[PDB]
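In this PDB entry you will find progesterone.
Numbers here are sequence positions counted from 1. When a ligand or atom number is given, it counts from 1 through the structure's own listing order. Atom set for the values below is all heavy atoms of this structure, side chains included, hydrogens, waters and symmetry mates excluded.
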Amino acid sequence: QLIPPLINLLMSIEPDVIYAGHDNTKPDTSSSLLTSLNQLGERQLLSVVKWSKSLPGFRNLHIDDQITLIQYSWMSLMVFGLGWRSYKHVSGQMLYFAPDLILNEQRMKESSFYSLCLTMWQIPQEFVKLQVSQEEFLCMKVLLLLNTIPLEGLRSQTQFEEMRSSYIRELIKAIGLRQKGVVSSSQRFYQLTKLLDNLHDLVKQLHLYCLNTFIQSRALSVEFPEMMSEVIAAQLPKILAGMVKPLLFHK
Ligand SMILES: CC(=O)[C@H]1CC[C@H]2[C@@H]3CCC4=CC(=O)CC[C@]4(C)[C@H]3CC[C@]12C
């Protein structure tokens, strides 16, 4: 009725919650924790690719572009999802990685990892502050998938532009569901798109921590599964070096 068709479709294709398959019964060490988060990441990566095959318009981009967009955005999509689950299930007061892997301050012993968690915590915090709706979150997540492209652009750049515009228009409709004011809705659009822009710097810290841990994996006793190892090796160094074009809503 009032909920736009595309938004209902996005709600319908959102994956079912993913479990980390984490022990719990045993004392979590820093390395065991990271290993468990990587196992969760491997399971979420599969989920992300399956989700993308049902995402309107995505399957129509050139296959190389589809692969490139997933390899550029997996970290962003996953931390954004973490933000949403944390917001929804624990009022943003704990990091809800999975139902069997919820982290609070007490479990973040490692000072470097705790610092990374505080960075991640910024998202649920903004979600709480802005009171982001399920409808807004769904459209913003798609925009994140489409938020970075190669320096030379995509093979299906035209199709990509149209897709991105369609989802920007859908985010506007989501905002309109609760933002009556023409300026209030406008200021809302500004706030939400500014949040997406800010994710770029946030994700960069996650990318750096990941690539470092990946290179020191044997030394840190941290295991990375095969699919995650592939995306890291295929693009992280390039992304970190800034050899990609981040798309920004605000100059
Ligand atoms: C092991 C490691 O370096 C950590 C640092 C940042 C961590 C990621 C942070 C974001 C994230 C959220 C999830 O819900 C799944 C796991 C992932 C994808 C995490 C997997 C483990 C990572 C990559």
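- Measured by close contacts, the chief partner of progesterone (ligand 1) is listed under UniProt as Progesterone receptor.
- Per-residue contacts place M228 under 4.0 angstrom from the following atoms of progesterone (ligand 1) (heavy atoms of the residue considered): 23 (C).
- Every atom of progesterone (ligand 1) is numbered from 1 in the order shown, and the set under 4.0 Å from a heavy atom of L116 is 5 (C), 6 (C).
- Nearest non-hydrogen protein atom to atom 8 (C) of progesterone (ligand 1) is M75 SD, 3.9 Å.
- Between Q216, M78, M120, it is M120 that holds the heavy atom closest to atom 9 (C) of progesterone (ligand 1).
- In this structure, the protein non-hydrogen atom closest to atom 3 (O) of progesterone (ligand 1) is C210 CA, 3.3 Å.
- Among the UniProt-annotated progesterone-binding residues of chain A, those with a heavy atom closer than 4.0 Å to progesterone (ligand 1) are the following: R85.
- In this structure, chain A contacts progesterone (ligand 1) chiefly via UniProt domain NR LBD.
- When hydrogens are left out, the protein atom nearest atom 16 (C) of progesterone (ligand 1) is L37 O, 3.6 Å; that is the closest non-hydrogen contact.
- Heavy atoms under 4.0 Å from progesterone (ligand 1) belong to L37, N38, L40, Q44, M75, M78, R85, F97, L116, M120, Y209, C210, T213, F224, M228.
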